[PDB]
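Working notes for the structure below.
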Amino acid sequence: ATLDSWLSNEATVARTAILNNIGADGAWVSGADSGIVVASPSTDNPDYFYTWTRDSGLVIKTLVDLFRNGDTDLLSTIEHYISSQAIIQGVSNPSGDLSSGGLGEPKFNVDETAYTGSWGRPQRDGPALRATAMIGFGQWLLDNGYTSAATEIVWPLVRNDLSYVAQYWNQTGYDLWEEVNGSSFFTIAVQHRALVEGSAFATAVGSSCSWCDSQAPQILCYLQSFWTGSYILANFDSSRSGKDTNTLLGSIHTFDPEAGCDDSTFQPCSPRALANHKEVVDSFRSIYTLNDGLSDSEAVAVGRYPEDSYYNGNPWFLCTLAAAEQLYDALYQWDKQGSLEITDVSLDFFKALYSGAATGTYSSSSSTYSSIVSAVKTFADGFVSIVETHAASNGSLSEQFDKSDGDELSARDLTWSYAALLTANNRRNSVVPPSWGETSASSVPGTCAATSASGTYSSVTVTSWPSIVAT
Ligand SMILES: *[C@@H]1O[C@H](CO)[C@@H](O[C@@H]2O[C@H](CO)[C@@H](O[C@@H]3O[C@H](CO[C@H]4O[C@H](CO[C@H]5O[C@H](CO)[C@@H](O)[C@H](O)[C@@H]5O)[C@@H](O)[C@H](O[C@H]5O[C@H](CO)[C@@H](O)[C@H](O)[C@@H]5O)[C@@H]4O)[C@@H](O)[C@H](O[C@H]4O[C@H](CO)[C@@H](O)[C@H](O)[C@@H]4O[C@H]4O[C@H](CO)[C@@H](O)[C@H](O)[C@@H]4O[C@H]4O[C@H](CO)[C@@H](O)[C@H](O)[C@@H]4O)[C@@H]3O)[C@H](O)[C@H]2NC(C)=O)[C@H](O)[C@H]1NC(C)=O
Ligand SMILES: *[C@@H]1O[C@H](CO)[C@@H](O[C@@H]2O[C@H](CO)[C@@H](O[C@@H]3O[C@H](CO)[C@@H](O)[C@H](O[C@H]4O[C@H](CO)[C@@H](O)[C@H](O)[C@@H]4O[C@H]4O[C@H](CO)[C@@H](O)[C@H](O)[C@@H]4O)[C@@H]3O)[C@H](O)[C@H]2NC(C)=O)[C@H](O)[C@H]1NC(C)=O
Ligand SMILES: C[C@H]1O[C@H](O[C@H]2[C@H](O)[C@@H](O)[C@@H](O[C@H]3[C@H](O)[C@@H](O)[C@@H](O)O[C@@H]3CO)O[C@@H]2CO)[C@H](O)[C@@H](O)[C@@H]1N[C@H]1C=C(CO)[C@@H](O)[C@H](O)[C@H]1O
Ligand SMILES: *[C@H]1O[C@H](CO)[C@@H](O)[C@H](O)[C@@H]1O
Ligand SMILES: *[C@H]1O[C@H](CO)[C@@H](O)[C@H](O)[C@@H]1O
Ligand SMILES: *[C@H]1O[C@H](CO)[C@@H](O)[C@H](O)[C@@H]1O
Ligand SMILES: *[C@H]1O[C@H](CO)[C@@H](O)[C@H](O)[C@@H]1O
Ligand SMILES: *[C@H]1O[C@H](CO)[C@@H](O)[C@H](O)[C@@H]1O
Ligand SMILES: *[C@H]1O[C@H](CO)[C@@H](O)[C@H](O)[C@@H]1O
Ligand SMILES: *[C@H]1O[C@H](CO)[C@@H](O)[C@H](O)[C@@H]1O
Ligand SMILES: *[C@H]1O[C@H](CO)[C@@H](O)[C@H](O)[C@@H]1O
Ligand SMILES: *[C@H]1O[C@H](CO)[C@@H](O)[C@H](O)[C@@H]1O
Ligand SMILES: *[C@H]1O[C@H](CO)[C@@H](O)[C@H](O)[C@@H]1O
């Protein structure tokens, strides 16, 4: 269709735009140091000309997956990023120093100096996301015989971030949207993931991560509290409803292609994640004029949370794409398992798309399976069409699009918007990320304990990168 062709061309635009936003050769961000991912080239109204640990980590993880799939030209970009982080980790900032909380700092100036003004800090999801991005490259390094780079450069940087996660996971902080000071689903979910793959990586380089091991099961134990019985609570200590795309992001970014539809880890096809998906998406159906007239079986423009007032509260490209990505992941999981199950928890999600839905197990060769996956694929593609409809003619994706007229607003050419497009497109094409070991990390302890474990901190100096040839 035109969606297919638009996506193929947009994926090329997205890759280029991301590179334009990374220093020190990025065309849109002169001033940014080497390997510094800038959130947006917008220097004013709003000023997003800074580097966020979260956006950077999410973007780099996307680039690492493309690289491992054959986009070898991204190698230098990844190396520069890792080199820049060795410096950033040691930058004394309002959150602290390397070993005293500095790693939880949300953003920095593009020249690698600390941002000293007031900001919602700390944001504990950053160290987890940065660790996950680096671990993926470290795995490639190990697999391709560059053991030294993995052991001496990557591992020590990762060890710092994992120590921060294990030490402070059970403390409040700001959510990914930088507004709620409390405890957040997305954050807890990505932290659990980071400790699990961090322990596997530590073992691989001949070291260990005892703190990853003791804390991961406890974080997972706590993660269960976010399920309300009908949807996933985005944050504790909040007065909002709790329906928030924060939860869809938590699911797609902790998706493991080897995982079943596990409720404990909220995988994309888990009854809990599907039930949550309908609750979150439905919360935007009546608040945006842009959604007027659409029925419940049709995709709609999705924002962050229904109570949002940032720029008056509008749909976001990355949030609308996350709604589609969770479904592409679920389709992949159902296909790989050879069946789909409908339970009392997920019945409403399915019934909205296929009125004949009934609880039961449906094999991939059954008529019901076929009807359901077709309906789900159409629904998912629907979200992507809404994005296509509001992107600029040359493919530019801003942070938000107007709730009434769909015009682009807020930060222009948002790097995260482009990475979200690349991942949704990949999943749509059944291109999945490497597994993180969910299959041996979904067991919940019988009793949850408020605890922590302190790891270790040590400053890393990147003397030089070996002549790595990636073919
Ligand atoms: C698809 O096509 C689109 C359209 O062409 C492409 O998007 C355009 O991309 C160009 C860059 O190639 C952008 O140029 C920059 O513009 C800003 C000013 O932007 C504001 O004003 C624009 C003009 O407004 C007026 O005209 C329009 C009609 O043309 C009219 O409608 C409007 O009412 C008004 O009359 C606006 O268009 C623009 O809006 C956009 O952004 C909004 C905010 O994000 C968003 O909400 C909107 O929806 C819209 O998207 C906005 O209001 C210039 O400031 C900027 O100049 C800097 O960069 C150039 C080099 O790139 C440099 O020569 C300048 O000296 C200056 O450099 C500073 O900033 C750089 C980073 O931006 C930095 O690297 C430099 O070192 C330097 O930084 C230092 O100083 C700053 C001072 O603030 C400081 O903060 C730093 O710390 C540091 O010390 C560019 O000229 C267009 O804005 C943009 N247009 C649109 C509509 O988006 C798109 O890229 C294409 N996509 C693809 C994939 O190809
Ligand atoms: C550190 O780790 C410990 C151990 O894991 C954490 O302790 C657990 O904390 C959770 C969350 O407080 C707690 O769960 C609550 O149990 C209560 C009953 O014992 C419930 O009343 C409470 O209900 C809320 O959550 C439900 C979903 O589970 C919602 O359906 C319900 O509407 C409630 O949500 C509203 O109210 C809360 C106030 O609790 C508010 O913050 C929300 O925004 C929302 O408005 C929870 O189920 C566990 O019992 C605790 N476990 C133990 C063993 O003590 C601790 O929270 C961690 N601390 C940090 C900072 O990480
Ligand atoms: C970029 C960021 O901007 C906004 O956040 C800041 C607010 O503008 C400030 O007002 C202040 O928010 C405080 C509230 O006013 C207060 O009522 C209470 O909620 O505490 C808040 C924190 O102290 O500071 C905010 C920064 O912490 C906007 O609300 C926020 O959502 C924006 N974040 C986006 C930007 C990027 C960069 O691409 C992403 O990393 C985030 O995920 C986006 O959500
Ligand atoms: C998640 O992982 C646990 C082990 O930690 C399994 O028991 C479960 O079946 C799933 O694979
Ligand atoms: C599954 O595994 C976890 C540890 O990962 C245990 O805590 C749980 O009791 C179950 O054996
Ligand atoms: C948190 O609590 C656990 C036990 O509940 C300890 O093992 C840990 O050292 C920390 O005190
Ligand atoms: C994390 O916090 C626990 C308390 O829950 C401490 O015992 C531990 O030393 C670390 O500081
Ligand atoms: C956590 O606590 C341990 C023991 O005090 C330290 O070694 C570590 O640096 C972190 O502060
Ligand atoms: C924690 O442990 C690391 C790795 O063993 C040390 O290098 C560091 O100094 C701290 O003692
Ligand atoms: C802690 O560990 C780092 C990474 O190996 C070293 O650079 C530092 O000198 C200290 O041994
Ligand atoms: C590790 O941390 C030190 C400061 O404690 C820095 O000088 C070094 O560049 C690295 O970031
Ligand atoms: C890397 O190593 C250098 C010394 O070669 C230190 O100055 C830096 O703090 C980091 O440990
Ligand atoms: C690169 O190698 C130098 C050799 O002196 C170290 O000092 C530095 O810590 C980095 O590992």
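Throughout, numbering of the chain's residues begins at 1 and tracks the sequence. In what follows, every heavy atom counts, from backbone to side chain, and hydrogens, waters and symmetry copies are set aside. Read the numbers this way: they start at 1 and go in the same order the structure lists the ligands and their atoms.
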Review point. Looking at this structure, what macromolecule is in contact with ligand 3 the most, according to UniProt?
Key: Glucoamylase
Point to revise | ligand 3 drug | key: acarbose
Practice item. Give, by chain and number, every residue with a heavy atom within 4.0 Å of acarbose (ligand 3). Key: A39, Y48, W52, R54, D55, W119, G120, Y174, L176, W177, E178, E179, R304, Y310, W316, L414, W416
Point to revise | UniProt substrate sites of chain A near acarbose (ligand 3) (heavy-atom cut-off 4.0 Å) | key: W119
Check your understanding: Relative to the heavy atoms of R304, which atoms of acarbose (ligand 3) are at a distance of less than 4.0 Å?
Key -> 31 (O), 44 (O)
Exercise for review: Write down the organism the PDB entry assigns to chain A.
Suggested key: Aspergillus awamori
Exercise for review: List the UniProt active-site residue of chain A that sits nearest acarbose (ligand 3), with the heavy-atom separation to 1 Å.
Suggested key: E178, 3 Å
Exercise for review: Look up atom 15 (O) of acarbose (ligand 3) and tell me if a protein heavy atom lies less than 4.0 Å from it?
Suggested key: no
**Study point:** Nitrogen or oxygen atoms of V180 and acarbose (ligand 3) under 3.5 Å apart
**Key:** no
Practice item. Ignoring angles and geometry beyond distance, decide whether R54 reaches within less than 3.5 Å of acarbose (ligand 3) through its nitrogen or oxygen atoms. Key: yes
Check your understanding: Within a distance of under 4.0 Å, is there any protein heavy atom near atom 5 (O) of acarbose (ligand 3)?
Key -> no
